[PDB]
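Notes to accompany the following structure.
A, B, ... follow the sequence lines: proteins, then strands. Residue 1 opens every chain. What you see below is based on every heavy atom in this structure, not just the backbone, and it leaves out hydrogens, waters and symmetry mates. Whatever order the structure lists ligands and atoms in, that order sets their numbers, starting from 1.
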2 protein chains.
Amino acid sequence: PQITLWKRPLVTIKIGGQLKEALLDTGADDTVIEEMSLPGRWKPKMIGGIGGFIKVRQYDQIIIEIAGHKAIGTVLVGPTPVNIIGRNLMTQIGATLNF
Amino acid sequence: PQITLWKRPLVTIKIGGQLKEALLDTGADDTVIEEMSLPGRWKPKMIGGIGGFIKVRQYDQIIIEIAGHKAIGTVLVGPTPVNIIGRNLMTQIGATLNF
Ligand SMILES: CC(C)CN(C[C@@H](O)[C@H](Cc1ccccc1)NC(=O)O[C@H]1CO[C@H]2OCC[C@H]21)S(=O)(=O)c1ccc(N)cc1
Ligand SMILES: [Cl-]
Ligand SMILES: [Cl-]
Ligand code: NA
């Protein structure tokens, strides 16, 4: 699609067998999801934004379906106030900003 | 232009006669820039990101060039780690997300 920015660019994702809503966020380097279980190994990470840092679990090689488009990559899991799809996965679905 | 997301989508802005770099950020409702002087009165605002909230100064009807496009609108000033152009001004320059 072409998604205008009058409202938050929310999309449906599928991750870990679960359907969720997430924000397409060009200002996020990494994808960060609210607490949930994911399979395999993880390692701890700190990520920072406005407000400061939160501690997250970094899971690699996670498949996510984003608006119907499959992508694989790193997913960070932790106490984010919103599920955010970052550039690491947006590149994989061919997302661009146009003006 | 068409901006891919392999790198941070940084653009040049001009505000108060000064060039700055800023991030086109679809996950930001609001434009928030690092401390600087702007004309007129400001109003209080709290914004919440990853990390928690911060207090900012809200300036309305500020003239700002973004990647060579004129916008006039609300600019928040506060301790953001990076200058961020949010949806409020990205809509003024006609930006969309496409995939
Ligand atoms: C501040 C940016 C440089 C970085 N952020 C992404 C940004 O899009 C967040 C993403 C976001 C969105 C909602 C809540 C928390 C974080 N937006 C944000 O803080 O926007 C604030 C300004 O406008 C407001 O509208 C949204 C909250 C306000 S971040 O959420 O801190 C972040 C940092 C690292 C990663 N990997 C992923 C996300
Ligand atoms: Cl990745
Ligand atoms: Cl590409
Ligand atoms: Na893994």
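- The molecule at ligand 1, chosen from bosentan, darunavir, temsavir, aprepitant, is darunavir.
- Ranked by contacts, the chain bound most extensively to darunavir is, in the PDB entry, POL polyprotein.
- The chains other than those of the drug that have a heavy atom under 4.0 Å from darunavir are A, B.
- The residue-level binding site of darunavir (heavy-atom cut-off 4.0 Å) is A:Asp25, A:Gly27, A:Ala28, A:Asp30, A:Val32, A:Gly48, A:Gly49, A:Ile50, A:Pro81, A:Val82, A:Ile84, B:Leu23, B:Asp25, B:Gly27, B:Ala28, B:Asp29, B:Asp30, B:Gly48, B:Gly49, B:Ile50, B:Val82.
- From the protein, the heavy atom lying nearest to atom 17 (N) of darunavir is B:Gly27 O, 3.2 Å.
- In the PDB entry, the organism given for chain B is Human immunodeficiency virus 1.
- Those atoms of darunavir that come under 4.0 Å of a heavy atom in B:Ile50, given as number and element, are 15 (C), 16 (C), 29 (S), 30 (O), 31 (O), 32 (C), 38 (C).
- Among protein heavy atoms, the minimum distance from atom 31 (O) of darunavir is reached at A:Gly49 CA, 2.8 Å.
- Nearest non-hydrogen protein atom to atom 10 (C) of darunavir is A:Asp25 OD2, 3.1 Å.
- Nearest non-hydrogen protein atom to atom 14 (C) of darunavir is B:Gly48 O, 3.6 Å.
- Atom 24 (C) of darunavir has B:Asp29 N, 3.5 Å as its closest protein atom, hydrogens excluded (heavy atom only).
- What sits closest to atom 20 (O) of darunavir on the protein, heavy atoms only, is B:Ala28 CA, 3.6 Å.
- Darunavir places these atoms under 4.0 Å from at least one heavy atom of A:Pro81: 14 (C), 15 (C).
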